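Heads up, this one has tiratricol in it.
Counting from 1, the numbers follow the sequence of the chain as shown. So this one's X-ray crystallography, 2.0 Å, going by the header. The basis for the numbers below is simple: all heavy atoms, side chains too, and nothing from hydrogens, waters or symmetry mates. Whatever order the structure lists ligands and atoms in, that order sets their numbers, starting from 1.
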Amino acid sequence: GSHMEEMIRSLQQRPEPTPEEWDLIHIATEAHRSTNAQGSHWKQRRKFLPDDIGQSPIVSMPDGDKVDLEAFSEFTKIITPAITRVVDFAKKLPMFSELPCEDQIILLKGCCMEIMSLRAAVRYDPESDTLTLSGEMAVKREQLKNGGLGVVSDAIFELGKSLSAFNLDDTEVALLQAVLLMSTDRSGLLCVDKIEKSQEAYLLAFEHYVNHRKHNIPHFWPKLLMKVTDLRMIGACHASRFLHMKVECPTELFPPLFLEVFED
Ligand SMILES: O=C(O)Cc1cc(I)c(Oc2ccc(O)c(I)c2)c(I)c1
């Protein structure tokens with residue numbers, strides 16, 4: 001192109017975001033930052049879930065990983081704000097908020113656990129080997145496992161540990177969320193084509209933003225896509241396990257919003 005353009009683009013050749021993609025990137029990034037509990041100040045003012053909690057699984061589950069009701073209660077007491085923040089994030093993306101209300105509900109139920117799991121995973125702390133839930137509650141593998149998640153907890157920790165080396169920034173987390181949200185692998189959607197077109201726009205903007213960032217680890221983009229796949233598997237194991245939870249435990253132990261999201 002122009003001399004200046006060429007000068008500016010010398011150390012690049014992989015496609016950068018277009019100006020339209022930068023707009024999309026900026027809105028998603030801000031939507032995430034404004035809905036992500038604690039402004040990058042999470043590790044300072046976080047508290048550990050007491051070591052004596054989450055050591056006593058005694059409610060049976062079909063897969064044999066039992067549940068500690070006390071730990072389950074501690075986790076579910078803070079889950080309502082966590083789900084609400086995912087909803088707030090989604091409502092801030094124009095391509096989501098212009099969908100029929102019914103499609104918005106289906107998309108949210110479809111991705112809620114995928115996004116929450118990703119938000120917990122990016123707060124993995126290698127030193128203490130904990131996840132920080134909602135940026136306030138540091139939990140150990142055993143505690144999160146026994147408090148209801150079973151093997152889903154091991155999957156989240158594994159993801160969190162592997163994501164450490166990716167050094168994701170807010171934009172990359174935000175775009176993963178948008179890609180998870182705008183999925184047509186749900187049933188009963190009306191605006192299938194429009195949702196797909198939106199996902200494709202986010203995916204391309206995401207690939208181009210990845211080029212822009214020039215991460216030091218190789219094969220970054222396909223590596224990141226593989227993490228999207230892991231997150232969707234985490235979502236599915238959670239949906240399966242939630243069904244069993246509901247068979248074993250009375251409704252009064254589940255906050256209303258938690259039941260609503262993970263319904264069918
Ligand atoms: O980290 C925050 O932003 C969000 C965060 C908050 C919660 I509480 C959550 O922990 C869960 C999730 C599902 C579940 O059935 C049980 I029992 C515990 C996840 I993992 C992530």
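Ranked by contacts, the chain bound most extensively to tiratricol (ligand 1) is, in the PDB entry, THRA protein. Atoms of tiratricol (ligand 1) lying under 4.0 Å from any heavy atom of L133, numbered from 1 in the order shown and given with element: 1 (O), 2 (C), 10 (O).
Residue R241 places every heavy atom at 4.0 Å or more from tiratricol (ligand 1). Proximity of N36 to tiratricol (ligand 1), defined as any heavy-atom pair under 4.0 Å, is not found for any part of the residue. In the vicinity of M116, heavy-atom distances shorter than 4.0 Å reach the tiratricol (ligand 1) atoms 4 (C), 21 (C). Interface atoms of tiratricol (ligand 1) facing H238, defined by a heavy-atom separation under 4.0 Å, are 13 (C), 14 (C), 15 (O). Proximity of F258 to tiratricol (ligand 1), defined as any heavy-atom pair under 4.0 Å, is confined to the side chain (atoms from C-beta onward). Binding site of tiratricol (ligand 1) at 4.0 Å (heavy atoms): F72, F75, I78, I79, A82, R85, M113, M116, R119, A120, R123, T132, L133, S134, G147, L149, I156, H238, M245, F258.
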